[PDB]
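Note on naming: letters A, B, ... go to the chains in the order of the sequence lines (proteins, then strands), and numbering restarts at 1 for each one. As the structure lists them, so they are numbered: ligands from 1, and atoms in each ligand from 1.
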Amino acid sequence: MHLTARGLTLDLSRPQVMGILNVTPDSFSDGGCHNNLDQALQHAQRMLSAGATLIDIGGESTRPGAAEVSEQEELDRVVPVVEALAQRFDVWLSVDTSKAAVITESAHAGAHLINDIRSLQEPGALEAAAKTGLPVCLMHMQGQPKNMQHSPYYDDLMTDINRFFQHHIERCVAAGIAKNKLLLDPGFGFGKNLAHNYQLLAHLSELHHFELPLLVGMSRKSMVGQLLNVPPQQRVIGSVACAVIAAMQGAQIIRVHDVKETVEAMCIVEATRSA
Amino acid sequence: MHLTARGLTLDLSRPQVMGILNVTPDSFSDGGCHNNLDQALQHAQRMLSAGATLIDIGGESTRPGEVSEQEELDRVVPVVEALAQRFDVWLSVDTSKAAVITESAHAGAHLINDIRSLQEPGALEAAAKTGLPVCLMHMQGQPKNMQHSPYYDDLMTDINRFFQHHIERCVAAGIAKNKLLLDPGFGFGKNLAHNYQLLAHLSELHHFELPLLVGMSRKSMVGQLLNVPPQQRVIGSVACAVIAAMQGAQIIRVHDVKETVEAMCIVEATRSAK
Ligand SMILES: Nc1nc2ncc(COP(=O)(O)OP(=O)(O)O)nc2c(=O)[nH]1
Ligand SMILES: Nc1nc2ncc(COP(=O)(O)OP(=O)(O)O)nc2c(=O)[nH]1
Ligand SMILES: Cc1cc(NS(=O)(=O)c2ccc(N)cc2)no1
Ligand SMILES: [Mg+2]
Ligand SMILES: [Mg+2]
């Protein structure tokens, strides 16, 4: 069936591509590329043209060792982009933020989905998200962006992810967010070494037991970089291969920098799965 | 899991990329590109540097819609000779003709890649005298009429029955079973639905306990989905390669080696993570 927000629907029986729109100076792969409004809008339209059905707007880099972004600065980066896109296009608008104020003002500006790598743990974020009535993506992470890659360790990775998701779904529900408004992301690269990342990719389909949509983000990350020994821009193929492996296991939403390639890949996946 | 020819071993616990070297004027995606001797040699080194562990040489386009024995032999043998005397890599010959098989092996080839599964006059015998590994490919019909209404009651049952028949045929001729490789022949007498059924059910073919070779690179099964020209089919072809290798397919025959190798790395990392 379908995920819904504000009269929009999203077909969960086919892989959907979420296009990354970073509005920061220091995002790990494309910082300073889409920093001004006109450039952001052209990039969004390019991604829409290439077949993305969601645009993920993020004004805070959460790469390992990332700097803090002030509340007002994040607002200034994100909200005018949400507003301008909401007025122009028929598409899901996701906001990659952890701040209560950005959640609320983005909702006010016409956003459809709260993509929070911190699973609504920041002060006021859970209450802010609940009041919007919008779907929320919860992401697994060990540590914070400042220390997550300092020796990641698990007795059993999948058990830990399951426990984390169980705990945070309960927390969202008790706050008044209906379970069917939730998405789960196991958080590739977030407190996970290379082995952990590929273990997780190998076992991804096990997460369907929650009966919630899965969103995954592997695009151009170190889990590809470390294997191919190439810079972020040259990780398109590796990233597409990861997306194909994830989608073959029924991951519903794929978060990527390179929309055209991923969409083409997803066509081949859909034709394979429907056969 | 392990394959040896001429003292050179090929690991099959990890996916292997076979690079395509067409030496024809009319191949469906790259006819005329690598026709002269020097460009054939150039293209091979590039593929080698990109990580190909087999080079596949083919002097006859077998696309939907023939070539003389003297015309075919002159295209392949001089190319086989130079590469064998230059590089430490499995050379494969994409041929059906007995003379081509015999003279190619003499020049130093390692593998017989036959889309007709040794069915031409003298081919089975000529291949036996070499002692080399053979790839047997499934095909319904002939390149002249294979794409005229492909039909199967059950696609997979036919492929299995085709392979069973040609394995026995090879063994009876002296070719040891552990020297055989199977290719279900994507795009060869198969429509769009057939090709993707085959891709979806590919892993079922492991029951023969023989290495699988697959070739989907730039084919119409991708073209019909993406509505892009052959050379713009890299991404679709890589996606097919990933799906095949995740299902344990051991050899992948491709035009775009660098891209496929990078994708196979990700596949290998995933598979060996359990
Ligand atoms: N739900 C979800 N959100 C995410 N947001 C940012 C990044 C990192 O990608 P990018 O935005 O290009 O990096 P940066 O954090 O530097 O902006 N990854 C994910 C992810 O895997 N899942
Ligand atoms: N084993 C095997 N051999 C093959 N040889 C040629 C082609 C067609 O590709 P190409 O050689 O690039 O085209 P052409 O026949 O026009 O030379 N496909 C296969 C295949 O799928 N499997
Ligand atoms: C036209 C046309 C269709 C078509 N199909 S195909 O799948 O691309 C194909 C190409 C080469 C070979 N040897 C077999 C099949 N190729 O050209
Ligand atoms: Mg970002
Ligand atoms: Mg050829």
* At ligand 3, which of primidone, imiquimod, sulfamethoxazole, etomidate do we find? -> sulfamethoxazole
* Asked: In this entry, what is the main binding partner of sulfamethoxazole, named as in the PDB entry?
  -> 7,8-dihydropteroate synthase
* Write down the other chains contacting sulfamethoxazole, where contact means heavy atoms under 4.0 Å apart. => B
* Cut-off 4.0 Å: ligands and ions near sulfamethoxazole -> ligand 2 (6-hydroxymethylpterin-diphosphate)
* Asked: What residue and atom, counting heavy atoms only, is the protein's closest point to atom 10 (C) of sulfamethoxazole, and at what distance?
  -> B:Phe28 CD2, 3.6 Å
* Close N or O approach (B:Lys219, sulfamethoxazole; < 3.5 Å) -> no
* **Proximal sulfamethoxazole atoms for B:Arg63, defined as those under 4.0 Å from one of its heavy atoms** => 11 (C), 12 (C), 13 (N)
* Closest non-hydrogen protein atom to atom 16 (N) of sulfamethoxazole, residue and atom name please, with distance? -> B:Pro64 CD, 3.3 Å
* Which residue and heavy atom of the protein sit nearest atom 15 (C) of sulfamethoxazole, plus the separation -> B:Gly187 O, 3.5 Å
* Nearest neighbour in protein (non-hydrogen) for atom 8 (O) of sulfamethoxazole -> B:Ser220 N, 2.9 Å
* Asked: Which nucleotides or residues of neighbouring chains are within 4.0 Å of sulfamethoxazole (non-hydrogen atoms)?
  -> B:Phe28, B:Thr62, B:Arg63, B:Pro64, B:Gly187, B:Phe188, B:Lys219, B:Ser220
Nitrogen or oxygen contacts under 3.5 Å, sulfamethoxazole side and protein side:
residue          : atom   : partner  : partner atom : Å
sulfamethoxazole : 5 (N)  : B:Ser220 : OG           : 3.3
sulfamethoxazole : 7 (O)  : B:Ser220 : N            : 3.3
sulfamethoxazole : 7 (O)  : B:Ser220 : OG           : 3.2
sulfamethoxazole : 8 (O)  : B:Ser220 : N            : 2.9
sulfamethoxazole : 13 (N) : B:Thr62  : O            : 3.3
sulfamethoxazole : 13 (N) : B:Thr62  : OG1          : 3.3
sulfamethoxazole : 13 (N) : B:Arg63  : N            : 3.3

